[PDB]
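Entry with chlorthalidone: notes follow.
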Amino acid sequence: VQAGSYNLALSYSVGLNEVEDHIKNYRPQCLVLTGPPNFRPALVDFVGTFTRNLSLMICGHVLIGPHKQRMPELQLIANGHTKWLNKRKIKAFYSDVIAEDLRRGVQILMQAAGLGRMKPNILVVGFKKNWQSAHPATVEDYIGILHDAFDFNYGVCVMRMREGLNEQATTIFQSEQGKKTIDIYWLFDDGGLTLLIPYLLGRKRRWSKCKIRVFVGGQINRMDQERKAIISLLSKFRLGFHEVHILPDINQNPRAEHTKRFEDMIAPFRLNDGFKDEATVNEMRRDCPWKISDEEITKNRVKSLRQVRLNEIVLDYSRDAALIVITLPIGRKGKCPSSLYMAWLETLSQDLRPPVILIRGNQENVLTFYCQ
Amino acid sequence: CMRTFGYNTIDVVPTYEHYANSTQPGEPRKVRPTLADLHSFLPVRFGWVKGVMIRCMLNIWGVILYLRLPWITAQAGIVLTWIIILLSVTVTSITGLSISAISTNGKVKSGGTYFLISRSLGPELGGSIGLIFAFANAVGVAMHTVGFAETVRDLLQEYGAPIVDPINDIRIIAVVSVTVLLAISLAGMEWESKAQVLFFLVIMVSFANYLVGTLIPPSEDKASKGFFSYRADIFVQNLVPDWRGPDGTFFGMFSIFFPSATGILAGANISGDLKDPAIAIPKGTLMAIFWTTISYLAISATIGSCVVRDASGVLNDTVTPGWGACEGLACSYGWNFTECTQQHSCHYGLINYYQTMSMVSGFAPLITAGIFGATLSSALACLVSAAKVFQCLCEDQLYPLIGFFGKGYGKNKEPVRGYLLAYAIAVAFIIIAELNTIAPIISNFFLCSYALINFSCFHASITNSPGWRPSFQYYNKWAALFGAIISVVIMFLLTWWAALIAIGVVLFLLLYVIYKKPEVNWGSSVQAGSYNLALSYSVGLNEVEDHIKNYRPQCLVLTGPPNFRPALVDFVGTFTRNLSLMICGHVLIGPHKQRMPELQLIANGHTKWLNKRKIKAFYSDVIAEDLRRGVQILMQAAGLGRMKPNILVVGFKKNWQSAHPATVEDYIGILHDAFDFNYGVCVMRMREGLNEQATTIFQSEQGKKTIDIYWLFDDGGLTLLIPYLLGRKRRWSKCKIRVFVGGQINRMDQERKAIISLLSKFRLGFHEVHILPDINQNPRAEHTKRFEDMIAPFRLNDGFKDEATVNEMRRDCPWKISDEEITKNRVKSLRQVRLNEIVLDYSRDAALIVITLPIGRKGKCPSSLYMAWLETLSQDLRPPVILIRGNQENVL
Ligand SMILES: NS(=O)(=O)c1cc([C@]2(O)NC(=O)c3ccccc32)ccc1Cl
C-alpha cells in the first residue's frame, strides 16, 4: 500500500507544477520553528488549527552536532518525531537540519524546504521569553532570523504566550474558546495576512462562536466616516467580521510611568554613543552589534513611544479576549539593533493574559474582493 | 494628538485603494510600500427589482401559463398540478441558490452566467457553457418570437386575414416582430428596461382582468361554455386527475411544464449593468421564483374551481324538466352536458378548450395582450442574454473564430456585432418555423447549464479554498450536488436522444477547449482542488512508515539551470519518470543582484521550460557563496517528508585540469559530502560535456547497442539498478545489458545466483557475463605515463618531508598532491589506468557504460588524485559514461 500512496503523492505533486498561483487560491504555507515538536506543542497546535486540511505545515528542527554522530540519531529520531506528530493528529511534515547555529539552520530550511509549489511562505516562530537573561548574542541571532525571513518574502508570525513554550501535553488551543472575542489590531496594512489568519481560525469548529472585533486607527474628527469605510472594506472581503473600532488616541504620549518602564527595560543594552558619528560608532560595535547607541534612540523616540501607547490601548480592550492579533512592526536593517527590535516586540505584547500573535505579511495582497 | 494616524511613518494604513485593481478614482494608486522598502537599508445601473426581479419573472412567464396551464390542471387534478409545480420549483430554486452563492463571491463583472461559471469552475468548461448558453438563447429568441407570431396569426384568422396561409405567414409576422425587437435592443439598455416594464404592466393588467372576471356571476354563453364561477362541488371534483388522450400521462404534463418555468437566469445574464450584482442577483432571483410559483399555484387553484372539465357550449343545452338526463351535478346549475360526456364530442370545458383562460376572463383582448407581452418579454430577454454572454465569451478569447464579435461599439460596451449575429441566427432559425424537432435540444442544453452551475457551486464549496468566501450563506454543497444530478437525470428522462446530443456537443467543446490550452488564468476551484489533492496525498504518504520494500531512487541532479545541461535532466527523467522523485537543483552564488520577486519569476520560467520539456521534476534553486554550500543546503533540506532525494546525480567537470584547483577540490568535497550524507552518488560523464528544446543523446532510440555494466564492488545493487530501470523503457528495450561483473570465471554463476541469476530473480535477464580477470595485470607503460603525467602538474613532493611537516605544508594548499601518497597508493593508481584499458577494448560500440565509482579516503587520499582516477577511469570512452556508487543498502 506504500507504493500506491507514494505514486499518488508524486503524481499529484508533479501535476501541481503546471497550476499557476492565483491570489484567490493563496494559502498560508507555514514553516513553524518548533525544534523538538514535543517540547513546544502549543505552537504546533495553533498552526495546525488553521492549517488542518487547508495548507502545508512543516516543522523545523536544527541540530547542533557533526553529521556522523547525528546521521544514525537523525534517521532513528526523525521517524519518532513524525510518529509523535501523527499520534497528535497533525498533518505536518517534520524536517530537521544540522548547523553550527540555529540561524544558519533556519536559513537553510527556509531556502530549501519544500517540493515545488508546496514550499512555506510564512515563518511561525515562538517568542523568546528569556531574551533579557539570555546572552545578547542569542537575541541578536533571533532578530537576525526574523530579518532573514523578511529577506525571503517570508511572512513572519511571532507567537507570545504567558505560560511559555514548553501522553502528549494538552494546550489551551485544543479546547474551545466559545463566545470570547478575537481582537485584531490591523494598525498597518500588511496585505491582509493579519486578517486571513484569524478568519481561518474562526472557520474551525473551536473558533466558530468567537465574535471577531477589528481595531483600526483613525482621527477623532472623522471617527464615524472612518468607521464605515473600514466596515466596508471588510464587507468587500466578505470575511464575516462583526465590529470595527477606531482609536484616535494612539499618537498621544504614553503614560509617564509606563514610558520609563520601556527605557529601563533597554537600559542594559544602551551603548551610550549619542555624540559620535556613525563612522565613529562601528568600532565599539564589532564585538557588540546588539548595543544601542544613543543616536539611534533619538530617531526612534516616536516609534518606541508609539509601541508603548499601543500596549496601553490593547491592555484596556482585549483584557478578556480569546485571542489577540497585532501587526508586527517592521524594523529597518542597519538602523534597528536587535535590542531595540526585541524591546518593541516585548513592549507590544506584555502585562496582559496573552494568547497574542504578532503577525505581519510580506506587503503582498492575500485577500481579494475582485474576481479575475 | 490630532494627526491622520499614519502621518509620522513610511508605513501605510489599510485603505481600499491598496487592493483596488480597476481605474480607481483619484488619478493614481496608493500602493503599500514594498517589503524591500520598509526592510533593507539605503451608464445606467439598474436596481434589483428592475434588473433581476422583473426580467427573471418576465423570462419565467410564457405562453404555457396562459394556454396550457388550465389544460394541465384540468387533466391532472389540482393536487397533482400543485405537486408538479412544486417539483419544478424545487429544481429551479436549488439552481437559484447555487447561482446566488456563485454570484456573491468576488465582484461579478459583465458576462452573466458564462462569466460566473468560467470564473468559478474553470476556463475549460466555462467556454463550453458560454457557447452552449449563447446558442440556446439565440435559438430561444426565435422560438419565443414564433410562438408570438402563432398567437397573432390565430387572433388574425379569428378576424379573417390569412394573407398567405397558416404556414409561411407567421414567418412574415415573426420576422417583423424580431426586427422590431432587434431595433429596440440596439436602442439602449434603458429602452430594453422600459419595454420589459411595459410588458410587465401588460401582464399585470391581464392577470387582474382574469381574476376579476372569475368573480363575476356567469353569463349565459360563459355558463354554456363550462364556466360556472366558484363552487365547492367544482373545486372538490377537480381535485382528482382525469387522464385522457395520448398526453394523459403525468410525466407528459411534467415534461410540458418543466421547460416553461426554468428561465431563471435572465437577471444574472445582464449582471454587467447591475448597480450591485452581489446583492441584486440572489434576492431578486429568489423573489422572482417565489412570485412566479405563487402565481402558478393561484391560477391553478382558481381556474380549477370555476370551470368544469367538459361543457357543450351550445345555448340549447338549457335544462328543462323531463327533457334530457344528467350525470353528476352540473344540472344543479341548470345545465345538461350528457349529450357529450356520453359521446365525448363538444369542445368546451377545462380539458378540451385551450383558450378557457381567455373566456373565463373579463375581456379576451386583455388576455391576448398579456400573451403578447409574455412572449415578447421572453424573446427580448433571450436576445439580450445571448448577446451579452457571447460578448463576454469573445472578450475571453478562448475560441479561435469569435474574436471579431467580441468588440463592442459605442458607449457602455453595447455589443453591436453580437446583437446583429444573434438577430441573424434568430431570423434564419425562424424562417424554418420547424422548431418542435429542435426545442428539446435547447431544453437539454439549458439543463446542462443548470447542472454545471450547481456543480460549480458544489465543487467550490467542497474544495473550501481560502478564496471561496461567498456572502450568500443559505446554500448547501449537498443541495447543489443533488440539483446537478437531478438536472442530468431530468435531461435524460425528458428525451434520452436529445440529452445524448447535448452531452456530446458539450464534451466536444470541453475537449476542444482543453486541447487549445487557453493561457488565461482566472483562478478556479479546479486549481485549488488540484492543490488540495496534492497536499492530501503527500501528507498521506508521509504518515506511512519506512522500510526496505518501498525503496525508490529519488534523484537530486546538480544541473544548475536545466536548460544549460539538458542531457543530465533527460537521463534522470528517463529512469525516474513515473517511478520516483526527481529534483533539478541549482546554486546561485553571485550577489544575487535582485529582490526575491525576480528570482521567483526566473524560477517560474525555468519550471515552465521543464514542463514544456515533458519532465516530471521539481526545479529547486538556492543561493550560497560557493557551489559546495548550495549543494549541501539542497541535500540537507530539499524534499518533503518521506519524498526526499536519496541519490545525488552530478555531471563531470571535464576542464578541471586547466581551471583553478580549488574548483576540483570543492567538486571532490561535494562528492565526499554526498557520500557522507548517505547519498548514492552518480557521476554522469559525457564525451562532449554536460553543458526550442535542445536535442540530447538520451532522447533518440538506441536499438540494440550493448549496455555494459562494469561491476567491481558490492555497493548494494545501485550500479545494476539504474541500467535495470534504464533498459525497461522503450528506448532501451532492444539493447543488451552485458554486465562485465567484477569477479572470477568460476563465479560466473555465483554472482549470477548472487545477482545475475538473482537478477533473474531481480528480473534483469543479463544475457552475457564476460569476466575480466586481467584488471590486476600490469598496464602498458604508455598508459601509465599518461596517468603519472596528469598528476604531475599537482605534484607536491612532500615525500621528502616529515609527517608533521606534511601536515603544515597543506594548511594553505590542500589541492596539491604529495609524492608520499603516490607511493602509498600506487597499486590503486595503476589499477584504474588498467581498468580503463579493459573498458576501452571491451566497450567501444556500447550505448551506455556503467562503472563502479572509485572511492578515495578523505585525508588519506588527496582530492586531486581522486579526481585524476575519475578522469583516467573513463577517458576517451565513446558512449556516455556513468559512474555509480550505491548507499551500501541492498536496493533489491
Ligand atoms: N435566459 S436563460 O438563459 O436564463 C433561460 C431561458 C429559458 C427560456 O427563455 N425559457 C424557455 O422556455 C426557452 C426555450 C428556448 C430557449 C430559451 C428558453 C429557459 C431557461 C433558461 Cl436558464
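To find a chain's letter, count down the sequence lines: the first is A, the second B. Residues 615-780, 815-1020, in that order, are what chain A shows, numbered as in the PDB entry. For chain B, we keep the numbers from the PDB entry: what you see runs 52-93, 132-780, 815-1015, in order. First listed ligand is number 1; within each ligand, the first listed atom is number 1.
Taking the chain with most contacts, the partner of chlorthalidone here is, per the PDB entry, Solute carrier family 12 member 3. Counting only non-hydrogen atoms, chains lying under 4.0 Å from chlorthalidone: B. Other-chain residues and nucleotides with a heavy atom under 4.0 Å from chlorthalidone are B/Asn148, B/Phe222, B/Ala225, B/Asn226, B/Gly229, B/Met232, B/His233, B/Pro348, B/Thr351, B/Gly352, B/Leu354, B/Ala355, B/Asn358, B/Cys471, B/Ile531, B/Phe535, B/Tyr539.
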